[PDB]
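Next structure: contains fluconazole.
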Amino acid sequence: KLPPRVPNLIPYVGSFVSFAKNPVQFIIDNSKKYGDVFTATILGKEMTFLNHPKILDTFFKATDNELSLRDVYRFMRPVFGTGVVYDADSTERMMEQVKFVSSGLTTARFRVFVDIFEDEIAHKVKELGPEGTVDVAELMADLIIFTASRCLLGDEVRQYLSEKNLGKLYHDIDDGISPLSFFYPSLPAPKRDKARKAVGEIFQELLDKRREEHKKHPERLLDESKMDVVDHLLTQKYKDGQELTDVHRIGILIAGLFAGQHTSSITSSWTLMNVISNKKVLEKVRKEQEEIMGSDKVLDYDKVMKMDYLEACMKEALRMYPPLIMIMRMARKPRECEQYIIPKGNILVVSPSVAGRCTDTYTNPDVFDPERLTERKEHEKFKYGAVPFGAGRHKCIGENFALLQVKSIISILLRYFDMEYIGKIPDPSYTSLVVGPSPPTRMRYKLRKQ
Ligand code: HEM
Ligand SMILES: OC(Cn1cncn1)(Cn1cncn1)c1ccc(F)cc1F
């Protein structure tokens, strides 16, 4: 047969409400009811949910003629741009773009990023003062609105991030992208579109400056450690010889910068928060920190490689708060899963949010406990037991940059500060397309060298 169905409140609207209440809880409740698979009409979309690691093989290895991304995240267009990534001409033109960014994220560059991380957290401590309080959130995003910019675009950008308000414009973009937009791609959003244009120009500009810097400084091109994304773009040609257009450029910089900022700064928040609020942890971390930093007064890519425990904390925050709670693919052929046959036109959904709290994989899964990963190995149980980065053909290609970018920021931060958190770990907030713990998230901080 077809999968069971969430019986609807109404035709059309279907189950939008209890889904929208808590997207994840929804999927969990109904799993227990109707089993490993089940369909639910949500604002007129046929969304089948796959709900047990065992079965997620097919979802991830199917091809983009079988299971389309482009179909489903196409709505991102007004953000990224036209003919870009999910709105790109093809499966293969997307990939080719993806890789352009992922070339800005090489071992050579990573070494330079760690220096950038410092340079900025320095500039940042100034703004704070020896002690006070601050929304962790606001800070991660604010650190990360600066680091990434430089990491991918290069220090050239910083004069804009500073003088020209670029952060704010990012928010106008990034606060005009409801997850509703998925069900209504044409929901009018003028103030975003003004921002995305203003950005557009600047990103253009940027290239226009960067071109003259190649004429005046060609040697840059041979040196792997200044070859940022912008360059890779300015000096590459799709695999068939077709040139890239500045609008493909300007739009792929943003495609990245989007990928870069939010998911990370949210894991920066969720992780720290659980560390400075479990003393057995904040311990082990500072042991590792101090073992490693030794006589050194600043960070390096090798140090950060060795920050194993801390990574388990960030892994753990992802099992507790994966900021992409839902991975989606439209079906174009009909699909055989288990005994069922999911029909063409449906949308297939898989949740990390869920998979991280399944109970065969994880004991006391409401308990933040890096030892579940490092000693108990709970994530190795099933081959898709934990998937914060996705997997198969579309596995995140920022994984290592991410890990690098946070681990670095949290380390560097601890060093500077003794910090403690105020009241409980807030719950997730399901208001945005990237899911982060809910405001306010304040913490006391005071320094460590007079
Ligand atoms: C907490 C940090 C992050 C998490 C949890 C995360 C998660 C994911 C997940 C779950 C997917 C799979 C989407 C799918 O299969 O449908 C993905 C794909 C992707 N990610 Fe990330 N990511 C993170 C950071 C980054 C960063 C920092 C960048 C770039 C700077 C990035 C760039 C991308 C790109 C380009 C893909 C495309 C894969 C494809 O071609 O479909 N990610 N990520
Ligand atoms: O996959 C995302 C967008 N997305 C997927 N579901 C909901 N939003 C996020 N992402 C994952 N890692 C980093 N960002 C992405 C993929 C590529 C990209 F260029 C932007 C972008 F948001």
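The PDB entry numbering applies to chain A: residues 35-484, in that order. In each ligand, atom 1 is the first atom listed, and ligand 1 is the first ligand listed. The figures that follow rest on heavy atoms only: side chains count, while hydrogens, waters and symmetry mates do not.
Counting repeats, the structure shows fluconazole at ligand 2.
In the deposited model, the macromolecule with the most close contacts to fluconazole is named by the PDB entry as CYP51, sterol 14alpha-demethylase. The site surrounding fluconazole, defined by heavy atoms under 4.0 Å, contains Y107, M110, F114, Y120, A289, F292, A293, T297, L358, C430.
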